[PDB]
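Below is one structure, written out as structure tokens, with a few remarks after it.
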Amino acid sequence: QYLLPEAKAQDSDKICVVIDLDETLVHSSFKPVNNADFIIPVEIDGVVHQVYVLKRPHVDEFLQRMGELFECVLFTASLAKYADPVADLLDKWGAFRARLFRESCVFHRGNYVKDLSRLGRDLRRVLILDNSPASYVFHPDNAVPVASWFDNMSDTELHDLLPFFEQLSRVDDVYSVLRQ
Ligand SMILES: COCCCOc1ccnc(C[S@@](=O)c2nc3ccccc3[nH]2)c1C
Ligand SMILES: [Mg+2]
């Protein structure tokens, strides 16, 4: 059975957007970072290591606005033990109606593929936002490309992507804009 429960009533009419974490919304690292947005302690084989998390610019405006426009789902290749605490801390608005992690990805030809068909949502109303063209090899026509973000604090891509999602949020069939 499908990766998601049935949409709640607030969410059923909306387009479902699958959103990536790392290098899409945040960039985390084991190397200490000086003025970090948050620091997550992560237990790895019994030893706690600090993870230094930087937020991509305009991520707050971005997530609060997508949480309105869409049934937003976090879908990352990372492990819950790291991604859940990052989410609790980023997601100030209850934007993510679900969280999917490494076990929900398909490992295909050495890549973590987000298989939109296991989602349980009509595919004409599913979008995937990911820095990584491989996570959507199976659904290239459901995808909004975004560049990988590491630390460039002049980045404006989340802000610049918003009027396009504003338009997508209203169509009956995303393929009518993307093209399948
Ligand atoms: C001591 O290093 C061993 C790493 C074990 O993996 C873990 C475990 C917990 N947390 C993290 C933090 S995160 O930066 C991260 N992003 C990733 C993207 C792809 C694959 C693994 C990833 N891991 C990682 C990478
Ligand atoms: Mg990524």
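The numbers used for chain A are those of the PDB entry, and the residues that appear cover 77-256, in sequence. Remember, it's 1-based here, ligands and their atoms both numbered in the order they're listed. Both backbone and side-chain heavy atoms feed into the values below; hydrogens, waters and symmetry mates do not.
- In the deposited model, the macromolecule with the most close contacts to ligand 1 is named by UniProt as Carboxy-terminal domain RNA polymerase II polypeptide A small phosphatase 1.
- The drug at ligand 1 is rabeprazole.
- Atom 17 (C) of rabeprazole has its closest protein heavy atom at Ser154 OG, 4.1 Å.
- Counting only non-hydrogen atoms and rounding to 1 Å, the UniProt active-site residue of chain A nearest rabeprazole is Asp98, 4 Å.
- In terms of protein heavy-atom proximity, atom 1 (C) of rabeprazole is closest to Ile120 CD1, 4.0 Å.
- At the top of the distance list for atom 25 (C) of rabeprazole, counting protein heavy atoms only, stands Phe106 CE1, 3.7 Å.
- Entry annotation: chain A, source organism Homo sapiens.
- Of the residues UniProt lists as binding Mg(2+) in chain A, a heavy atom under 4.0 Å from rabeprazole is found for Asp98.
- Rabeprazole is contacted mostly by residues of chain A from UniProt domain FCP1 homology.
- Here the heavy atom of the protein found nearest to atom 12 (C) of rabeprazole is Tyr158 CG, 3.9 Å.
- At a distance under 4.0 Å, no protein heavy atom can be found next to atom 6 (O) of rabeprazole.
- Distance from atom 19 (C) of rabeprazole to its nearest protein heavy atom, with residue and atom name: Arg178 NH2, 3.3 Å.
- Distance from atom 9 (C) of rabeprazole to its nearest protein heavy atom, with residue and atom name: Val118 CG1, 3.5 Å.
- Within rabeprazole, counting atoms from 1 as listed, the ones closer than 4.0 Å to a heavy atom of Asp98 are 16 (N).
- Under a 4.0 Å non-hydrogen cut-off, the residues that form the binding site of rabeprazole are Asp98, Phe106, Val118, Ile120, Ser154, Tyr158, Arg178.
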